[PDB]
Novice: 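Here is glibenclamide bound to ATP-binding cassette sub-family C member 8 isoform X2.
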Amino acid sequence: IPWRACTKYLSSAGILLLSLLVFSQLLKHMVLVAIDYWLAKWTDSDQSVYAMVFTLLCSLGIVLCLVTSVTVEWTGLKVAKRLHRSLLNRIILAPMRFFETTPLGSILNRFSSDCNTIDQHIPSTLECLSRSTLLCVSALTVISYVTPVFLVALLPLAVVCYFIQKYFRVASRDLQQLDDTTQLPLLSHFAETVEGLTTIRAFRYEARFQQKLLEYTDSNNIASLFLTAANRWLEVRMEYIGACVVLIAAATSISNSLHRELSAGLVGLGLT
Amino acid sequence: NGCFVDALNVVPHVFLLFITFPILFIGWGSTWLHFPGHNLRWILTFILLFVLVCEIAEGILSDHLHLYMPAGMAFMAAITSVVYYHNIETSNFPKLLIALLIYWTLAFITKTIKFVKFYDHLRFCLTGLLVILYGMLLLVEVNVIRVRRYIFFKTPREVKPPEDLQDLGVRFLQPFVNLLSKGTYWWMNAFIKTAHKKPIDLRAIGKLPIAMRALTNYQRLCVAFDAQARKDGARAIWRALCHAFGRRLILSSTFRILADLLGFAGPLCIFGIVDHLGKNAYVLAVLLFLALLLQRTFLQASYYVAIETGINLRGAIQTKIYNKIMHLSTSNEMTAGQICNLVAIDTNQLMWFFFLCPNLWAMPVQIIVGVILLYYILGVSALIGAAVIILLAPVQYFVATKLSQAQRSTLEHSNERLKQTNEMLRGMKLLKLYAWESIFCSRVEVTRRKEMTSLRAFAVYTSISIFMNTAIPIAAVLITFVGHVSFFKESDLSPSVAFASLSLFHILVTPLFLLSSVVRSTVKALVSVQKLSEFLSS
Amino acid sequence: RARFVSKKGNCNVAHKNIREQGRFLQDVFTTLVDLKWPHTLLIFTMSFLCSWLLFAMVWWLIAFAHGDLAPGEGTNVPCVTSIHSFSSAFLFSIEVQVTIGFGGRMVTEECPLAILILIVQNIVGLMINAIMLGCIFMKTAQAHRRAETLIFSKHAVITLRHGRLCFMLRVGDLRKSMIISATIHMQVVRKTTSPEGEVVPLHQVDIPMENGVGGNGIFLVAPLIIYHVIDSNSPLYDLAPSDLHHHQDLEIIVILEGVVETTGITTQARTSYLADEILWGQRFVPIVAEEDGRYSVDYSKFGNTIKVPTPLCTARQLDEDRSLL
Amino acid sequence: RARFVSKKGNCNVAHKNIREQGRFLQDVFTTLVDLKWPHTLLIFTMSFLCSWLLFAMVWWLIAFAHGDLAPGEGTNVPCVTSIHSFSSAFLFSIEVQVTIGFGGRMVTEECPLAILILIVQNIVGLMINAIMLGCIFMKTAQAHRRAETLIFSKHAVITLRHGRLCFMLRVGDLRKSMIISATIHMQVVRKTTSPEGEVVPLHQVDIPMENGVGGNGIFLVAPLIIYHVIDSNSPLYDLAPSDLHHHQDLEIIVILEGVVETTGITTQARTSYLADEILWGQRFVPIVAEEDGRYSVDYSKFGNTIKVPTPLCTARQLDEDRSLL
Ligand SMILES: COc1ccc(Cl)cc1C(=O)NCCc1ccc(S(=O)(=O)NC(=O)NC2CCCCC2)cc1
Ligand SMILES: Nc1ncnc2c1ncn2[C@@H]1O[C@H](COP(=O)(O)OP(=O)(O)OP(O)(O)=S)[C@@H](O)[C@H]1O
Ligand SMILES: Nc1ncnc2c1ncn2[C@@H]1O[C@H](COP(=O)(O)OP(=O)(O)OP(O)(O)=S)[C@@H](O)[C@H]1O
């Protein structure tokens, strides 16, 4: 999916809240790293002034977090409102032959789900994605600032992740939809057996229908199983790389930051 | 003659690494045959890998090349033994196995000589562990020749490679791969690479093994239900499921607890490294690497085994309640909707609860180890901090409940809106023939405002959840560090203490959220199984 | 669509579910004599280096163990004179193994254990040298390359010869060296359903090559068009000329066998013609021409083709018309 | 009961009362190139050690006899410099024989007898090296292992094709490497009594393999069921379908010959089917399947078989019914 759908989604919010969200997130993550950066200097030993500065940073963090959360909430609600109203208005002014041409399922279905789905899950998932990506960038910057040379070692591995990204999505999407399909005729089948139960017990066709249901539940399980297998694959490989990076970081920190740099407040942040 | 015995140990690794290369190069230039002790062999080989890392650590501490070469040679020898065993699993032979057995015997002899010469006078423990591992691998090889045909009488009476997972086109081969790939999912490389190019479909997908079908799980479940009902209910069906799904679930749970232990262990070696440099650290770094990879691998294997047990259970109880649908009476509209909800929400609740079952056993040990570990690093002050984080777990649950309530209300409004739409999108020509459409759009917008009003409270609760999520990590460190140094004992807080506390705070925040969802899922699953029992027994 | 055997002569059908009982490696040297040159050279150098390093290690150890390795003047004579370190020991191993025999370091008559290690070193060296020569020579009788030099025309045409439908295909040689007693096995494959309800996915049937009184084989000097006549008895006789170009799935393969002169091995070549490759009603251009005092063959017109006004109809219907005319 | 040739392809009939005139050893190297690998390696090391010890003894003796063996300073130069005991003499023998040439002990120009012993030592060494390489190479052209990789289905079925009784058996290849010009010789054996009162204990008769216009040979890429049609002229045509399973003693063997590509040798494979192995009225399952862009062959169904409703009767009675229908 291109950046155009998200661009329209966020431009429906307006310029008023876009920056209010983005800069607030950036500042919250900067505070969350700076508190530990100052704790690093706190460690080695004006302890009272140090602790007071730590308290100030701790307060800034929570205030900024509350602000960001309220921003995401308000923006998501406004976007849902405007999108629903615009959809209704644009559907109102359509010609009759358009309504006769398009089936009712598609026109009704967007309002039935798309609207519901967005309201239920887009704000929370967007917030989680933003927090995750900014926390990852912050952690990379931390382990770079701690050990400079470690930076130059981490850009190779990250490029590896790029290749792990593509091959994942182009399958993870696919399997996903397959699951949905194997869920749809199964349930429906159940209902068909319940209503015409007398006819089916009369024809003595119970065996063939049980065969059909075993077939359907197998087709459901193979999909819901390959999906979890692929998720495990991506998980394990990304984790192996996430362990390679900490190995290399610690191996560079023990030598560079002790033998030559002789600075102890560094290795703490990097390892953590 | 220490160097003499070191060389005598170096020799057999060299012998094996030299015989492996012709065969490995011929093999490098679709029936899987498994042998008894395969999984034991791979487990022991990983233990050998670990002990060899320790030997390399000893050799670094001592340094004299010839004194630490034996470890570097046994490393390649064990990797080449793995390569041999892969080449034998792919194509069976009676001779390659003897080729392994010779090397095992000679390595055992050399290790015995080392042990004797040491007894006559850290090294002791490592050498002993290697001796025990090589001996157990020798016994495995003796078992393998005892089984089929190392030399034994004429014909192997060989198995006839398993057709369950290897006969006619199947694509999901989980039970039929090398016990390393059973952990690291290496068999998915081919699938995912082919999937990148050609779009996947049911013709491009496999078929489920005989180990997991509707028939297999239904058979096991009905056998357990039979053995329990012949001794005659909700508790009955529960115990039946328990005894029917048995070993897999507890295996997943113990994988999970061992992973939790190693995860609690990581930050302590971090602490040790931080201490050492401020005042024996490369060893701790490589140990941290090994422990991270092993902990996460075990965690993932645990997840997968639990998920597969859950999928089995879903298939089983689904085909069972369909078998019950055949014998029910006609006197029992509302029952049809209740039946199809009994398959669409109740069964999914059951299966997701079976997903989260091992987490419910592994959470308490995790929080207990966390609190006891942080107490011994920060002292009494730690306890105070250990309260705050824990206090987030019940509160979270409360928040969740509120969400649910809100959800219900919202859903109601939503449903009504849909009704007021279904008319407009059907009387289209009627509607536009006199342009009464705006009059109905006003009513539709009137419903929408009520829907919007509900959503505000829901998103407020979501905001409170996200806020607490990152507020409690900050508050723990705040009220702990300020309450430790400038409050209680003015103890000098070395960087190690603070950073280990930070690590443990994150490693404890991650599991805490899951306990709330686990409790909700468990109570909902209990209610759904009561419902399933009430239905299945009418 | 899927092809049976590729144009280059390699086989297309990929095998699945082979119950490997190990015979794939049990053919130890008839396996690796199949390999390419880089792999075979790699595994030969690895054989040699493996053996050399093995015995260099054992010699290092024996000189260490006798104590001759401990540098000392008098009260001893080393089992191998002038040995100091591992490097010189590996130099001794390669000096005695590959039979250069430098003689700067002398093995002496004081230690019979060194005599034993030498008397096994040399025999194993000689045996592995013997096999690593025989197998490379058994390789240099790879004459499949001579199966490469043969060529067939890209597409085959059918014509009307002697009042009967005929199919013509070209072959030819690309070197001076002849191929002895080459024979043609010409086969057709098709998914067939028997009158008994039996369906076969693929059905090889021999179509004869039509030479003098009989005979399966031919003589290759110049490009010779192979000449078969399809008759009512022939299996190909039923098809239609308009249904072959697009829809039908008919592979006609030819297998030419023959033993090359100088090596004496028996090579062959295999090629397929699909239903979309073959065409109808044409004639090749005459290649051979009476030049100055010889016969010149021009391979530019090898694949050239001219139009011929011949009737277009099905061989069954053509046989019915022959019954009518 | 007794089998003619075993399934593995080895011959069963044990020979008795062979008037050995010695040709069994007169084939000196074509005897031992048949042997296994351990025996041949044993006899090669024994050849080499035998020759080495022989010449080491003669050299020890010649150095003893010249008196150069008697340790003395001056008034002489040893025929072989620096020789002391038997051990160093055997070291000299292996130093000059296998052409390492260490040169610590020097043969000198004072004694022409040592020149003679060297000039015969080296030539005999070279001759025995030449034969012990040629014969091991002549061995590594053992391609019977390639006769191992071929496979036939365990039991053979008969069917009704084209209104006539037919027998179907499977074959197949197990590697990429082809087999050139494979031919089928299909034979039946039976204790037969002639109308002249002559009884034979075993009577081989050819049953034809039915291909296109003629031909004895086939082309092996994928598993090809071999297709013969028994007719009134065929020797197998007289039997009954209920008498074959238990009582009668009829071995039907097939011999497939062909030359492998890379070595060029001509190998073959032999298998038997007994009266209790063969069965009646069935059909094999189609192996080849159109996969993604190729032909996939599944060897799991290789030996699989399905029931077919075909009439069960004797081929003689079936021919009489064909005369009636
Ligand atoms: C969020 O992680 C965790 C972190 C820590 C702990 Cl102590 C437990 C869990 C956890 O989750 N508890 C195990 C149970 C579980 C459920 C879902 C997932 S999953 O990864 O989200 N999903 C899949 O794998 N496959 C899905 C399954 C449903 C059908 C469609 C495919 C993974 C595992
Ligand atoms: N029992 C036997 N085993 C192997 N070879 C034999 C045997 N008997 C004879 N031969 C050889 O094969 C040929 C068979 O001819 P025979 O049956 O021996 O008749 P023959 O006239 O008696 O010839 P002889 O025995 O040499 S005087 C002879 O030329 C023998 O050289
Ligand atoms: N999938 C396979 N791939 C390669 N070779 C096979 C395969 N299956 C069998 N063979 C061998 O080729 C012959 C074919 O006979 P089969 O189809 O296996 O009948 P069979 O009675 O089951 O014999 P078996 O499997 O050895 S008990 C057997 O003798 C096997 O040795």
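Note on naming: letters A, B, ... go to the chains in the order of the sequence lines (proteins, then strands), and numbering restarts at 1 for each one. In listed order, ligands and their atoms are each counted from 1. Excerpt of entry shown; contacts counted in excerpt. The figures here come from the full heavy-atom set of this structure, side chains too, leaving out hydrogens, waters and symmetry mates.
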Novice: Is it possible to name all ligands or chains that make up glibenclamide, including repeats?
Specialist: ligand 1
Novice: Tell me the other chains with a heavy atom below 4.0 Å from any atom of glibenclamide (ligand 1).
Specialist: A, B
